[PDB]
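Structure of interest - contains hydrocortisone.
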There are 2 protein chains.
Amino acid sequence: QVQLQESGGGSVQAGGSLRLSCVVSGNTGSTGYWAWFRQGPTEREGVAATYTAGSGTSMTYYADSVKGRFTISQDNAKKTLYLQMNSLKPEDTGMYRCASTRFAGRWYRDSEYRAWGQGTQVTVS
Amino acid sequence: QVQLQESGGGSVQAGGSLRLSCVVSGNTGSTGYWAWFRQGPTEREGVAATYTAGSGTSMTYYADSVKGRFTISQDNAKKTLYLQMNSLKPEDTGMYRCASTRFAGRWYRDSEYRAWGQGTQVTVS
Ligand SMILES: C[C@]12CCC(=O)C=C1CC[C@@H]1[C@@H]2[C@@H](O)C[C@@]2(C)[C@H]1CC[C@]2(O)C(=O)CO
Ligand SMILES: C[C@]12CCC(=O)C=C1CC[C@@H]1[C@@H]2[C@@H](O)C[C@@]2(C)[C@H]1CC[C@]2(O)C(=O)CO
């Protein structure tokens, strides 16, 4: 039922910017995590996430590696999650997967995410 | 466990007024920023904020485009932040989000805010 439709990847030079998007549809429930993961070699790392509570209040989280360079945000009205990627580095290269789940002990615990989007590729030369 | 519960948005004619409210609850800590951001197409801009120190003294900040038209204030006893919006203009239209965080290098650095309320819509015709 849940669909995670990604877009926005591309090839850029170090120092440049990209903006990833994930449009969700279907029966997500009201509460949980909506996250971006970078897939490299199998190797997979949390980049940023939001947690949205039943109250409607959300919380943002970033990996050390991207704090200060990336911004995660969501437009709930449009059911879209955004990852704004500035000051890109070669190490940011990878297949970016958007994932979502109701429950996880930590936002970056990929093993605890149920739903995974088809990724969008980011290449930084 | 922070909750940011917003109210007060609406539709008004240019020149009119609105008053936004955000009631906080939960474990905020004693120190940090409590801010209003305007969200348009995403794009977020800082509107106004307060910084509250552990001393109990607070400091107010405004964006250039609203200085002289808006007033931010908080009623600590009621744990409520207010944005009084006078002399409204069409460019003030947007989804107004209240955000809070312990640390930010600048009050308007939305990427550094951890907690985000469910917005309230402001439309100025
Ligand atoms: C993380 C969440 C719940 C856990 C999950 O498996 C998938 C998602 C991603 C989309 C989120 C959703 C819930 O939080 C409710 C949200 C915010 C929704 C986008 C728009 C939304 O439906 C609402 O705004 C409801 O008010
Ligand atoms: C910005 C702040 C700390 C940083 C944060 O993430 C969320 C908030 C918003 C509510 C503020 C809070 C602290 O400053 C302590 C405050 C003022 C509280 C409202 C009432 C309060 O608890 C007190 O008045 C304590 O004396």
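Below, read A as the first sequence line, B as the second, and so on, with proteins coming before strands; counting in each chain starts at 1. Read the numbers this way: they start at 1 and go in the same order the structure lists the ligands and their atoms.
- Ranked by contacts, the chain bound most extensively to hydrocortisone (ligand 1) is, in the PDB entry, anti-cortisol camelid antibody.
- Residues touching hydrocortisone (ligand 1) within 4.0 Å, heavy atoms only: A:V24, A:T28, A:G29, A:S30, A:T31, A:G32, A:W34, A:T52, A:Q74, A:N76, A:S100, A:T101, A:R102, B:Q118.
- For atom 9 (C) of hydrocortisone (ligand 1), the protein comes within 4.0 Å by at least one heavy atom.
- Protein heavy atom at the shortest distance from atom 3 (C) of hydrocortisone (ligand 1) is A:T31 O, 3.4 Å.
- There is no protein heavy atom closer than 4.0 angstrom to atom 21 (C) of hydrocortisone (ligand 1).
- Considering backbone and side-chain N/O of A:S30, one or more are found under 3.5 Å from N/O of hydrocortisone (ligand 1).
- Protein heavy atom in closest approach to atom 17 (C) of hydrocortisone (ligand 1): A:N76 OD1, 3.7 Å.
- The ligand atoms of hydrocortisone (ligand 1) that sit less than 4.0 angstrom from a heavy atom of A:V24 are 10 (C).
- If you check which protein heavy atom lies closest to atom 26 (O) of hydrocortisone (ligand 1), you get B:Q118 NE2, 3.9 Å.
- For atom 1 (C) of hydrocortisone (ligand 1), a protein heavy-atom neighbour is found at a distance under 4.0 Å.
- Of all atoms in hydrocortisone (ligand 1), listed by their number and element, those nearer than 4.0 Å to a heavy atom of A:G29 are 3 (C), 12 (C), 13 (C), 15 (C).
- Applying the 4.0 Å criterion to heavy atoms of A:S100 picks out, from hydrocortisone (ligand 1), the atoms 5 (C), 6 (O), 7 (C).
- Summary of contacts: the protein heavy atom closest to atom 5 (C) of hydrocortisone (ligand 1) is A:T28 O, 3.4 Å.
- Near A:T52, with a cut-off below 4.0 Å to any heavy atom, the atoms of hydrocortisone (ligand 1) are 14 (O), 17 (C).
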